[PDB]
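Structure of interest - contains 3BNC117.
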Amino acid sequence: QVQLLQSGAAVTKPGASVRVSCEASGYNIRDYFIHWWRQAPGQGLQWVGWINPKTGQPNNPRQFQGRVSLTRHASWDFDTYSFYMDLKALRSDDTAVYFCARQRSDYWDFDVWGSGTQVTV
Amino acid sequence: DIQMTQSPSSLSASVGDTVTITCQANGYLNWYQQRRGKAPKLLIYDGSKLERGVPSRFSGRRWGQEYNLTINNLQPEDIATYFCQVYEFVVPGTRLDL
Amino acid sequence: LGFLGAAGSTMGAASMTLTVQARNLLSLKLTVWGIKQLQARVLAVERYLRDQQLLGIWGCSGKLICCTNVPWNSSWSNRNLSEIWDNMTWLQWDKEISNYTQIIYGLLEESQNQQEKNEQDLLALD
Amino acid sequence: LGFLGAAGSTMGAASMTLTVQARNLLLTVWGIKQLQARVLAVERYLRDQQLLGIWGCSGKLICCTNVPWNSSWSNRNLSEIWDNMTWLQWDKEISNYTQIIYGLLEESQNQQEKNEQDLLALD
Amino acid sequence: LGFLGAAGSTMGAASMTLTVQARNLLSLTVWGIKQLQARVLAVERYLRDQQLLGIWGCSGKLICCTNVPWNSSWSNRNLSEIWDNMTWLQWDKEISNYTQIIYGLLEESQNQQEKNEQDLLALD
Amino acid sequence: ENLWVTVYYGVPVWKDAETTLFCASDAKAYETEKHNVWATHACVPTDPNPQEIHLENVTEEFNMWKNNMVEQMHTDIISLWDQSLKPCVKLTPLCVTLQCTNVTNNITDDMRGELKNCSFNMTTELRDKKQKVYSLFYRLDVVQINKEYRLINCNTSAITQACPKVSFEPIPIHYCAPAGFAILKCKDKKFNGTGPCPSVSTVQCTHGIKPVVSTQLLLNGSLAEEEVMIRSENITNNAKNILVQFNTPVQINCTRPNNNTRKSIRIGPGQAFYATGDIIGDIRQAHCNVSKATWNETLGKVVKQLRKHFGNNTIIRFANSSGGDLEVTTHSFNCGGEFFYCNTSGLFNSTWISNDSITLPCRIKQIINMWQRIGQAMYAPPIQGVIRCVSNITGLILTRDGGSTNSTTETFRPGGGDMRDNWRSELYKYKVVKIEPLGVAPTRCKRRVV
Amino acid sequence: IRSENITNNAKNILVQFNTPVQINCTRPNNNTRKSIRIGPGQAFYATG
Amino acid sequence: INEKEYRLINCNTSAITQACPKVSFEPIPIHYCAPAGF
Amino acid sequence: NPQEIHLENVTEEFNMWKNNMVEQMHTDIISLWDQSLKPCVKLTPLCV
Ligand SMILES: *[C@@H]1O[C@H](CO)[C@@H](O[C@@H]2O[C@H](CO)[C@@H](O[C@@H]3O[C@H](CO[C@H]4O[C@H](CO[C@H]5O[C@H](CO)[C@@H](O)[C@H](O)[C@@H]5O)[C@@H](O)[C@H](O[C@H]5O[C@H](CO)[C@@H](O)[C@H](O)[C@@H]5O)[C@@H]4O)[C@@H](O)[C@H](O[C@H]4O[C@H](CO)[C@@H](O)[C@H](O)[C@@H]4O)[C@@H]3O)[C@H](O)[C@H]2NC(C)=O)[C@H](O)[C@H]1NC(C)=O
Ligand SMILES: *[C@@H]1O[C@H](CO)[C@@H](O[C@@H]2O[C@H](CO)[C@@H](O[C@@H]3O[C@H](CO[C@H]4O[C@H](CO)[C@@H](O)[C@H](O)[C@@H]4O)[C@@H](O)[C@H](O[C@H]4O[C@H](CO)[C@@H](O)[C@H](O)[C@@H]4O[C@H]4O[C@H](CO)[C@@H](O)[C@H](O)[C@@H]4O)[C@@H]3O)[C@H](O)[C@H]2NC(C)=O)[C@H](O)[C@H]1NC(C)=O
Ligand SMILES: *[C@@H]1O[C@H](CO)[C@@H](O[C@@H]2O[C@H](CO)[C@@H](O[C@@H]3O[C@H](CO[C@H]4O[C@H](CO)[C@@H](O)[C@H](O)[C@@H]4O)[C@@H](O)[C@H](O[C@H]4O[C@H](CO)[C@@H](O)[C@H](O)[C@@H]4O)[C@@H]3O)[C@H](O)[C@H]2NC(C)=O)[C@H](O)[C@H]1NC(C)=O
Ligand SMILES: *[C@@H]1O[C@H](CO)[C@@H](O[C@@H]2O[C@H](CO)[C@@H](O[C@@H]3O[C@H](CO)[C@@H](O)[C@H](O)[C@@H]3O)[C@H](O)[C@H]2NC(C)=O)[C@H](O)[C@H]1NC(C)=O
Ligand SMILES: *[C@@H]1O[C@H](CO)[C@@H](O[C@@H]2O[C@H](CO)[C@@H](O[C@@H]3O[C@H](CO)[C@@H](O)[C@H](O)[C@@H]3O)[C@H](O)[C@H]2NC(C)=O)[C@H](O)[C@H]1NC(C)=O
Ligand SMILES: *[C@@H]1O[C@H](CO)[C@@H](O[C@@H]2O[C@H](CO)[C@@H](O)[C@H](O)[C@H]2NC(C)=O)[C@H](O)[C@H]1NC(C)=O
Ligand SMILES: *[C@@H]1O[C@H](CO)[C@@H](O[C@@H]2O[C@H](CO)[C@@H](O)[C@H](O)[C@H]2NC(C)=O)[C@H](O)[C@H]1NC(C)=O
Ligand SMILES: *[C@@H]1O[C@H](CO)[C@@H](O[C@@H]2O[C@H](CO)[C@@H](O)[C@H](O)[C@H]2NC(C)=O)[C@H](O)[C@H]1NC(C)=O
Ligand SMILES: *[C@@H]1O[C@H](CO)[C@@H](O[C@@H]2O[C@H](CO)[C@@H](O)[C@H](O)[C@H]2NC(C)=O)[C@H](O)[C@H]1NC(C)=O
Ligand SMILES: *[C@@H]1O[C@H](CO)[C@@H](O[C@@H]2O[C@H](CO)[C@@H](O)[C@H](O)[C@H]2NC(C)=O)[C@H](O)[C@H]1NC(C)=O
Ligand SMILES: *[C@@H]1O[C@H](CO)[C@@H](O[C@@H]2O[C@H](CO)[C@@H](O)[C@H](O)[C@H]2NC(C)=O)[C@H](O)[C@H]1NC(C)=O
Ligand SMILES: *[C@@H]1O[C@H](CO)[C@@H](O[C@@H]2O[C@H](CO)[C@@H](O)[C@H](O)[C@H]2NC(C)=O)[C@H](O)[C@H]1NC(C)=O
Ligand SMILES: *[C@@H]1O[C@H](CO)[C@@H](O[C@@H]2O[C@H](CO)[C@@H](O)[C@H](O)[C@H]2NC(C)=O)[C@H](O)[C@H]1NC(C)=O
Ligand SMILES: *[C@@H]1O[C@H](CO)[C@@H](O[C@@H]2O[C@H](CO)[C@@H](O)[C@H](O)[C@H]2NC(C)=O)[C@H](O)[C@H]1NC(C)=O
Ligand SMILES: *[C@@H]1O[C@H](CO)[C@@H](O[C@@H]2O[C@H](CO)[C@@H](O)[C@H](O)[C@H]2NC(C)=O)[C@H](O)[C@H]1NC(C)=O
Ligand SMILES: *[C@@H]1O[C@H](CO)[C@@H](O)[C@H](O)[C@H]1NC(C)=O
Ligand SMILES: *[C@@H]1O[C@H](CO)[C@@H](O)[C@H](O)[C@H]1NC(C)=O
Ligand SMILES: *[C@@H]1O[C@H](CO)[C@@H](O)[C@H](O)[C@H]1NC(C)=O
Ligand SMILES: *[C@@H]1O[C@H](CO)[C@@H](O)[C@H](O)[C@H]1NC(C)=O
């Protein structure tokens, strides 16, 4: 099953750290970038970042610097992976759907996404 | 750099209408669609070819920075928001109505 | 002259270097470097030998220049032959006739060499 | 016009296909076997060409040696052979004598021909 | 009659065996590995000689006449003094420091030029 | 009168093609000692005259990041590494739990807890006996089991180590085309990684290239010929690594100031195991030095080049890495036969606007997982004595932060640690083609009638 | 019907059908599997 | 083992393996030949 | 029955101990010795 697993919705009081996650699926994870996206309700989708799972290496916009990080993990037999997004400073405008995506190509085709989750503050 | 714009707003078109939406951007363009409560879906990629499993009704065109997307014979199950995308920037969604 | 110096020459002028070009066409132990060298040596032989086979078919064996009598449809080129000899490199020429080479090879084999053998058989009757 | 189509015709008629027949002559376990196969093909090809070069018949599908043969090897009219036997059938008859023939080709005509050619060239 | 019997005779007499000597020029255990190396090497060397003959136009012959004069300094014997009394091996030793020169001469002084002349003849 | 097509041979023809590259090393000079990890026990010696010629009137297309010579290097180097790895002792006896303490010897106080002294009852030359032995370890190579510790990789594929005699010093390697194929090189000093090159030459073999391994900055590569170069497969794709090539060397000095000592034990017959000896003297951190001025001025030179791809007077900034696996979080290299990691973030603490030395802390881990691979692990042997290293920094592997607005205030970080792009910095200059001597053209002649 | 020699009872008789004969086969149990670690880095599997 | 316990003489040297019982060590003549062209 | 050929009027140097035929045998034999033993079971339990 090529589809990504997606963690459930959650709510916290403002200023809280928060974590969300996704999981590996039958495609070889090592060969593709993981991307995160977020969307405010009533608004167009916003890119959050990407991580190269082979190196554990995140890339984020200046806007989110020092607020978020991306991490990844894998089964000791390497048939699974986990991905996480951490935010250390919730604010009411951080309420958004959040989700994972796969960079299929160098044209950034995204033919798969996690269902996403709803983070609220 | 990124020059993206879009003009579709929303459309009221009737069922069975072939319809189109357009946008313009520097570089490669991918087209997507989304429905509330659901993940977005790829329709067109690399400025051209349809994503696999996209209905034959879907099509599009590229010239210069111009990009076109169309749906032949539009149907109510096809109502969705739509997008134009470049590696990071995304035009705000536009949508079908009827 | 160095190998491939002829690439700047006109096609007619390149003929002077054909011998030079031909000079290098041919030339645990389980350590991977040795394995790689072995494969390379075999491949080079295969390709070299293959060309020689074709020349023997064409009757042009033993020559860098040969003179077939086979006619060609003029449409294959847009230029007078003297124009061809001095207005292009052979690389350019290859592109000009890139889709006819299979045709040519079959013709060389049968239109002239198979037929000439038949003509020599007629002489062999005496 | 298929490969080996000459098997359906007399050996005299088989001459028409000789140009066809020559056309195709040229760390997993399979990779090892592949290598051996490639080498084998080269060896057989070269060995045959070597003989033709000795015989002076190189570069020709058909050649004309000056060596006479002892008719006892096959006492038939040439038309009685070429219009009847497949090349293979005739081959079976002449298979045994072939080493005789090869030695004759090498010396009775070609080694001495080359000597005579030089002698001619002296003048 | 035996292979390399010519080592016992003069260069002129050696001509008689040239065909003979030509006959055998071409014909996971480690021995199999070594065998493949031998097979490849033999082919490679055989072809190198053939390549030179093809350039020289000497292909298909054990004897090939050429148009190349040689500088007399390379040897100092009456022609009969070599052919009628020298083992070919001895002759190799005398010629051995000039062979590179000779090969270059063969390639172009006559063969590259002759091929051009052949085209010029066929031109008319 | 009508022309007839006829045969020619030895005509130059080029086709893009790929074949396996020849091994080569200069005069097999490695043969004087045994033995180099990549030269192995044998390679082909280089030609005494690796001649090249400029082609008259020729230009040629090149495609950096498309050439598969690089890919061959990727798997050839890996294969070589394993080839020397395979004939060695497994360390799986060392998965037994170890007791430890934070032993010191006049330790500086910024080194505290970086070393541990630990022990176990091992194995002995006879199955019926055990003995207690201890050795120093870097904290990085252990994890508390739940103080008691286990080697960090015991929940991963087995650790091995033997054959310390092999040299990990790089030796240049040259590659040569198979007969009937040829190496072409771009002669333009300013060439873009892709597209046609206005001047070309061809050569019997490539210039030698050392098997350098580093993860943030290129070391000991070729200098840019005239000016600092910046290249990307597509600059607007920020998933792509940004090549930076210096046109001058930058000296760097690196040391491991501690005197190092070594001991060995026998796990069983034939099973020697190297282990760290107790270290004599004051304990001090590994470090390196680079000039302040040189780093600054050459960084500004990079910026001047960088501006060529952006609107005038754009703001430019450098930054500390965004984190990830240690191999890219810090700069890493091997020197002296021992691995090093360092905090390079101080080098990136700058911003740029329109219009005498630095020292860096370092770390050592002896358990290594090569490249991105997780199927193998190895223990570096201890290196006796103080380590001294000197090298020239020749470039950077950089990445660019995504997003932002109005095409301004671009920022950068170290990244790109996949080894393939170290090799690309040297191989972008070359392509290989297939020679096809055969060809035809019309003639006024006909074969003679016979 | 083929054999090396039909009268030889040391030899197998081949039978080649000139038509297919369908067969369906199943393992009706719903199975699960457990990962096991034995050697370091050495997965092992066992039936759940 | 000490100055009695015993151990194989090579336990302080590289490990011992057993020859397989099924293959003879008897000499057999071996012949060699030239590669072609030699 | 290989065919020995006695040369007429020939002599040649045979410089013993410069021949590497011997050296090849030296390592050919050793290599075979290893190949025969590589399949064989290890005795390391006997260090008890
Ligand atoms: C990095 O990533 C970017 C992001 O995508 C990627 O994008 C390319 O960017 C480069 C340079 O910026 C482009 O190269 C040029 O693109 C021009 C636009 O191409 C299109 O327009 C064609 C018609 O153009 C004429 O008319 C228009 C106005 O109507 C006018 O703007 C133009 O200037 C021009 O006058 C059109 O034919 C073409 O589509 C055809 O061709 C493609 C095949 O390439 C095929 O798929 C289509 O179906 C169709 O048949 C297209 O829509 C173009 O004008 C320009 O042409 C000139 O320059 C080149 C050399 O620079 C000459 O060879 C040529 O004769 C002209 O002089 C040139 O091709 C490139 O096209 C972008 N990519 C795409 C997909 O469009 C970069 O490639 C990436 N770079 C790297 C290094 O990785
Ligand atoms: C960037 O590129 C530069 C330039 O190529 C490169 O610099 C050189 O790096 C190497 C590796 O770090 C350095 O090589 C070491 O140098 C020391 C000193 O050598 C000099 O002095 C000796 C006498 O001491 C002279 O004989 C010699 O010619 C030199 O002038 C050597 O001591 C090192 O060799 C030891 O290790 C070898 C195995 O790798 C052994 O074969 C050898 O016998 C030596 O071992 C001995 O000492 C050990 C303890 O110190 C001991 O444990 C052993 O048992 C044994 O007794 C080695 O060659 C070289 O000097 C650097 N050059 C300069 C200018 O500094 C960088 O390496 C490079 N960076 C990258 C990432 O590749
Ligand atoms: C790239 O560069 C950046 C900045 O230069 C680095 O980010 C900083 O890294 C340091 C060390 O990794 C961080 O500091 C450490 O934080 C730990 C916890 O801090 C939180 O909790 C404390 C109270 O416990 C609050 O005061 C503080 O605000 C935090 O909320 C501390 O536990 C650490 O202290 C311990 O270790 C230090 C030595 O390192 C000892 O001196 C102490 O006595 C104590 O034992 C320490 O302070 C710092 O917070 C990071 N910055 C940010 C913004 O997160 C990156 O690490 C670097 N990149 C990489 C890959 O390393
Ligand atoms: C090999 O096993 C080790 C543990 O023995 C694994 O490393 C540990 O992995 C977890 C998950 O990434 C880390 O957990 C984190 O720990 C901190 C502190 O306890 C806690 O704050 C976090 O919430 C989280 O649980 C743990 O720190 C890390 N240990 C170390 C030494 O880094 C490793 O993943 C294992 N490898 C395999 C292939 O499973
Ligand atoms: C990198 O260069 C730095 C200097 O830029 C070197 O640091 C210097 O190292 C020496 C040796 O550790 C220190 O010297 C000692 O200082 C004390 C007090 O001054 C004195 O008591 C000792 O006799 C001795 O001189 C020196 O202070 C230190 N400098 C600073 C700024 O800390 C370092 O050695 C260099 N590394 C390389 C590999 O050369
Ligand atoms: C995108 O498709 C639209 C139709 O959906 C095209 O619209 C025509 O565009 C041209 C140029 O602006 C006008 O001359 C026509 O009058 C437009 N038609 C209508 C219905 O308004 C447009 O040409 C398409 N673009 C591409 C590149 O093919
Ligand atoms: C030994 O070598 C000499 C010359 O090196 C050969 O001498 C010839 O012998 C024959 C018959 O005995 C005479 O007909 C010739 O006049 C001799 N001289 C020559 C040819 O120069 C002799 O044949 C060689 N022996 C063998 C067995 O080959
Ligand atoms: C060395 O072996 C001794 C036993 O000979 C181990 O000591 C026992 O260790 C376990 C685990 O800590 C305790 O349950 C026992 O009570 C200890 N015995 C005594 C006598 O204290 C020790 O663990 C061994 N060390 C190594 C590294 O395995
Ligand atoms: C460090 O870099 C410098 C400059 O690139 C190197 O010095 C050059 O060395 C080469 C070969 O020895 C000379 O041909 C150059 O002329 C030198 N440069 C100058 C400016 O004169 C130096 O060799 C490099 N370090 C090492 C260890 O190779
Ligand atoms: C690295 O360290 C070495 C020595 O610790 C430095 O080499 C000296 O450099 C100075 C400055 O040019 C010279 O005057 C000395 O003669 C050099 N020493 C020797 C023994 O040759 C080197 O400059 C340092 N590099 C950096 C970038 O700091
Ligand atoms: C590591 O710990 C061991 C014991 O746990 C220390 O071993 C002692 O070492 C000193 C000096 O080498 C000797 O005088 C003692 O006799 C040793 N004790 C035993 C029981 O063997 C060792 O010194 C420690 N090493 C470090 C660097 O702290
Ligand atoms: C790597 O470098 C960065 C700075 O370039 C270090 O960040 C420092 O963190 C320490 C401890 O939290 C503070 O004392 C410093 O003030 C920070 N630097 C600055 C400029 O503010 C980081 O800790 C370094 N990592 C290591 C392991 O040394
Ligand atoms: C590391 O330190 C040790 C000892 O602290 C040094 O060993 C000395 O070596 C010299 C010459 O080989 C001897 O004359 C001394 O007697 C040794 N010292 C002792 C205490 O025995 C060693 O040389 C140092 N490492 C380096 C690279 O210099
Ligand atoms: C094996 O089982 C399958 C299904 O269990 C049988 O497939 C049926 O085939 C017929 C003939 O086309 C269809 O009409 C049925 O609808 C199929 N069944 C199903 C459930 O799809 C098949 O015939 C069986 N074969 C044998 C030899 O028993
Ligand atoms: C094989 O076929 C048989 C019947 O043809 C299947 O058995 C039936 O099983 C169902 C439920 O298990 C019962 O309700 C029926 O009464 C059974 N049929 C008979 C004739 O007893 C069986 O499931 C098939 N198995 C497979 C693997 O195809
Ligand atoms: C081809 O001949 C035409 C005249 O027939 C002439 O105009 C042109 O220059 C010629 N080209 C060559 C290469 O001579
Ligand atoms: C088959 O043989 C007969 C005579 O033997 C002849 O009539 C016929 O042409 C042959 N067929 C072919 C295909 O050669
Ligand atoms: C060959 O001659 C024999 C009689 O000697 C005869 O039977 C056969 O028909 C002849 N073949 C030819 C083609 O005439
Ligand atoms: C060759 O000349 C030498 C003197 O140089 C002489 O002794 C011998 O008779 C000469 N041979 C010929 C055939 O004249």
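Every chain is numbered from 1 and lettered A, B, ... according to where its sequence line falls, protein lines coming before strand lines. This depiction is restricted to one part of the PDB entry, and every contact reported falls within that part. Keep in mind that the numbers below use all heavy atoms, side chains included, and drop hydrogens, waters and symmetry copies.
The ligands or chains attributed to 3BNC117 are chains A and B.
Looking only at contacts, the largest set of contacts to 3BNC117 (chains A and B) comes from what the PDB entry names gp120.
The chains other than those of the drug that have a heavy atom under 4.5 Å from 3BNC117 (chains A and B) are F, G. In terms of heavy-atom pairs under 4.5 Å with chain F, the chain of 3BNC117 (chains A and B) that comes first is chain A.
The source species given by the entry for chain F is Human immunodeficiency virus 1.
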